[PDB]
Number of protein chains: 2
Amino acid sequence: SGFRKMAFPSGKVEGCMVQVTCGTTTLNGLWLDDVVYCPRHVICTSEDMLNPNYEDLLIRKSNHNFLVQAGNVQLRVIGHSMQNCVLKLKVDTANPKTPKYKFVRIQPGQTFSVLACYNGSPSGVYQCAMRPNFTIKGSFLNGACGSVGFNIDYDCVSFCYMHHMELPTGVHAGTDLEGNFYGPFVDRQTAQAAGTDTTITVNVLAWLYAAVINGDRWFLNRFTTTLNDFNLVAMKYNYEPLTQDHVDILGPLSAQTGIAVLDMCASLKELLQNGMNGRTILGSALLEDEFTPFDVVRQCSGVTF
Amino acid sequence: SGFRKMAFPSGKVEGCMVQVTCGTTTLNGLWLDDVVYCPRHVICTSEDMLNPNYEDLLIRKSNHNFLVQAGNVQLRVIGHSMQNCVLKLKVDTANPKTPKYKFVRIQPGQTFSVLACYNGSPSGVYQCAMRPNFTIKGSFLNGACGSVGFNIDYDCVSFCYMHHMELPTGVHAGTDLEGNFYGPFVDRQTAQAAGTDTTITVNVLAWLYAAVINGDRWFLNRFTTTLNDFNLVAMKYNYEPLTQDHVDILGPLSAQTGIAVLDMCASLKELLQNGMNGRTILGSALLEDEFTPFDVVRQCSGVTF
Ligand SMILES: *C(=N)[C@H](C[C@@H]1CCNC1=O)NC(=O)[C@@H]1[C@@H]2[C@H](CN1C(=O)[C@@H](NC(=O)C(F)(F)F)C(C)(C)C)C2(C)C
Ligand SMILES: *C(=N)[C@H](C[C@@H]1CCNC1=O)NC(=O)[C@@H]1[C@@H]2[C@H](CN1C(=O)[C@@H](NC(=O)C(F)(F)F)C(C)(C)C)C2(C)C
Ligand SMILES: [Cl-]
């Protein structure tokens with residue numbers, strides 16, 4: 001029993017982290033086979049980053065201008081291209097610790113682990129949701145850029161995030177590993193704000209199922225609702241619409257606990273209308289939306305890698 | 001910016017995890033050099049665990065009775081002893097992935113990362129506090145026993161916890177790596193409950209400093225208090241006494257923010273007496289006590305391993 005915010009084990013990703021230095025800018029890179037992927041703004045100075053021309057700054061760099069270090073071993077760059085907002089540095093050495101991997105673009109609502117790195121050295125690991133406004137609620141200092149987010153499925157690491165920047169209110173924005181931003185953000189230092197966020201309804205339901213499984217049951221009411229009736233009340237409290245795909249994805253938790261998704265919807269509608277009256281669920285005084293149905297099943301049925 | 005529950009990177013510990021099978025019982029072991037450490041109740045059946053005689057059950061085991069697997073490689077046991085509640089199995093192979101390590105017994109109030117493992121395979125990593133009642137608030141299913149808790153200091157893994165059991169209310173109990181229980185718990189299936197818990201005052205203060213650093217400042221009042229006056233109000237809300245050692249440990253955060261520890265004490269006393277009036281701190285509607293002063297500095301100043 002017990003329910004925790006739980007990251008994937010980071011060992012497979014730790015063996016891929018390197019330091020990339022260009023001019024005086026240092027940040028993190030991801031070394032897979034004979035390629036190092038990092039944020040393209042490594043080729044900028046302070047001045048540059050207000051409104052940089054990246055294609056221009058890159059024309060003017062040799063292979064030798066990029067210093068890539070894995071521990072106190074220097075990798076020799078033998079090639080450099082740009083793909084959207086990501087730099088690819090071909091190196092003379094294939095990373096012998098390359099795991100089985102894929103590059104994935106996740107949807108809003110999906111969780112992943114961040115390995116927070118400084119100078120190519122891992123600082124910590126924590127779990128994050130891609131918010132509907134295409135931000136994450138991370139913990140990143142100066143030098144954290146090139147830190148990656150990932151999922152693990154048995155042996156395969158799916159990389160879905162690379163860290164680029166911090167927005168007002170200390171939320172974070174970044175790219176897939178093909179260098180395309182999540183959301184409408186750009187890699188320059190200008191006025192950018194997140195759209196207002198919404199609550200990921202399917203994740204709150206997944207969390208309510210985790211509470212039931214762990215014996216926290218006080219909020220269960222004796223009522224049902226229609227999907228339509230639920231989605232009208234959800235809308236007022238800035239909750240995402242719940243789709244039929246969402247209902248089908250909650251099937252396993254529903255079948256495990258014997259509570260129909262629309263019965264849990266009735267329970268959530270009451271918590272939204274009446275609040276929690278100073279009571280907690282799984283130790284929390286707020287409804288939690290950063291656990292997916294898959295994360296609840298993992299943790300509550302003990303899936304390993 | 002941002003403040004997250006953040007685990008240590010688990011790679012160094014992942015390379016030490018093995019599966020231990022004795023009879024039909026399987027659980028996790030920690031393989032360091034040529035020794036595998038696991039919970040001694042691996043030598044029990046269901047029946048045994050109500051009131052087992054461990055010295056007796058062990059007399060009757062050969063080296064060959066212990067099946068130790070690291071992936072799909074079997075390690076040959078060549079020696080077996082018991083140290084308190086932990087089994088030591090000498091094996092024929094030194095673990096080539098053994099990190100620099102120490103065995104440490106932590107004090108109540110201290111945090112660590114748990115690597116939750118099933119069948120010798122890592123499931124997830126999360127951060128935990130040793131509670132004043134000598135429990136942790138973990139997430140452990142059947143087969144999680146032998147899962148370890150650790151801290152990392154640059155290159156050195158300090159192992160401080162091995163998981164043994166779950167107590168009523170789904171809190172967890174275990175040993176140091178010398179096999180001595182934290183708290184008054186025993187490794188048998190009987191009536192055992194945790195003492196009532198208390199709030200780790202020094203950790204709540206560390207967290208309030210993290211809030212200030214992240215720009216969450218609404219709860220700062222214009223008042224000071226005496227240590228004596230603070231500890232009287234703390235006592236009513238089931239908060240630990242704050243000692244002078246606690247004040248000295250908070251010095252760095254105090255000097256960084258320019259708020260005297262006794263000024264933050266005045267701010268916490270007001271939150272305890274008046275509550276939060278429906279406001280949040282670092283996203284939380286409850287005061288958090290599972291970040292140490294060291295954890296706050298790590299995260300807010302970017303320490304790596
Ligand atoms: C890479 N190491 C940093 C990581 C940042 C620094 C503070 N915390 C983080 O997560 N990335 C940057 O410094 C990027 C970089 C230029 C500006 N920048 C920002 O994150 C800035 N943000 C913005 O300009 C805004 F508002 F658009 F989000 C900053 C003001 C420094 C927080 C580039 C190329 C985007
Ligand atoms: C080892 N894999 C398990 C881990 C447990 C199982 C459920 N979640 C966990 O964290 N350890 C045990 O099964 C230990 C084991 C016998 C009983 N046990 C317990 O944790 C039991 N607890 C207690 O008897 C009590 F109340 F004292 F805590 C159980 C009722 C199964 C939860 C031994 C040797 C202690
Ligand atoms: Cl909360």
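Residue numbering restarts at 1 for every chain, and letters A, B, ... go by the order of the sequence lines. All ligand and atom numbering here is 1-based and tracks the order in the structure. Note that these values count all heavy atoms, side chains included, but never hydrogens, waters or copies made by symmetry.
The drug or drug candidate found at ligand 2 is nirmatrelvir (bound form).
Counting heavy-atom pairs under 4.5 Å, the chain with the largest count for nirmatrelvir (bound form, ligand 2) is, by its name in UniProt, 3C-like proteinase nsp5. The chains other than those of the drug that have a heavy atom under 4.0 Å from nirmatrelvir (bound form, ligand 2) are B. Among B/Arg40, B/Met165, B/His163, the residue whose heavy atom lies nearest to atom 18 (N) of nirmatrelvir (bound form, ligand 2) is B/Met165.
Counting only heavy atoms, the protein never gets under 4.0 Å from atom 30 (C) of nirmatrelvir (bound form, ligand 2). By the criterion of a heavy-atom distance under 4.0 Å, the backbone of B/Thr190, and not its side chain, is placed next to nirmatrelvir (bound form, ligand 2).
Residue contacts with nirmatrelvir (bound form, ligand 2) for B/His164 involve N, CA, C or O but no side-chain atom from C-beta outward (heavy atoms, distance under 4.0 Å). Using a 4.0 Å cut-off to heavy atoms of B/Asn142, the atoms of nirmatrelvir (bound form, ligand 2) that qualify are 6 (C). In this structure, B/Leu27 does not count as a contact residue of nirmatrelvir (bound form, ligand 2), since none of its heavy atoms falls inside 4.0 Å of the ligand.
Only the side chain of B/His41 comes within contact range of nirmatrelvir (bound form, ligand 2), with a heavy atom under 4.0 Å; no backbone atom does. With a heavy-atom cut-off of 4.0 Å, B/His172 touches nirmatrelvir (bound form, ligand 2) through its side chain alone. As modeled, a covalent bond connects nirmatrelvir (bound form, ligand 2) with B/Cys145 SG. In chain B, the residues contacting nirmatrelvir (bound form, ligand 2) fall mostly within the UniProt domain Peptidase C30. Looking at B/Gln192, B/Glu166, B/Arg188 and measuring to atom 8 (N) of nirmatrelvir (bound form, ligand 2), the nearest heavy atom belongs to B/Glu166. Of all the atoms in nirmatrelvir (bound form, ligand 2), the ones that sit under 4.0 Å from a non-hydrogen atom of B/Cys145 are 1 (C), 2 (N), 3 (C), 4 (C), 11 (N). Among all UniProt-designated active-site residues of chain B, the one at the smallest non-hydrogen distance from nirmatrelvir (bound form, ligand 2), rounded to 1 Å, is B/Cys145, 2 Å.
When non-hydrogen atoms are compared, nirmatrelvir (bound form, ligand 2) lies under 4.0 Å from the backbone of B/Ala144 (N, CA, C, O) but not from its side chain.
Residue contact check: B/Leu167 has heavy atoms under 4.0 Å from atoms 28 (F) of nirmatrelvir (bound form, ligand 2). Only the side chain of B/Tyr54 comes within contact range of nirmatrelvir (bound form, ligand 2), with a heavy atom under 4.0 Å; no backbone atom does. The shell of residues around nirmatrelvir (bound form, ligand 2) (heavy atoms under 4.0 Å) is B/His41, B/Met49, B/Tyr54, B/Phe140, B/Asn142, B/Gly143, B/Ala144, B/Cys145, B/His163, B/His164, B/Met165, B/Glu166, B/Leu167, B/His172, B/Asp187, B/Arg188, B/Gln189, B/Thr190, B/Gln192.
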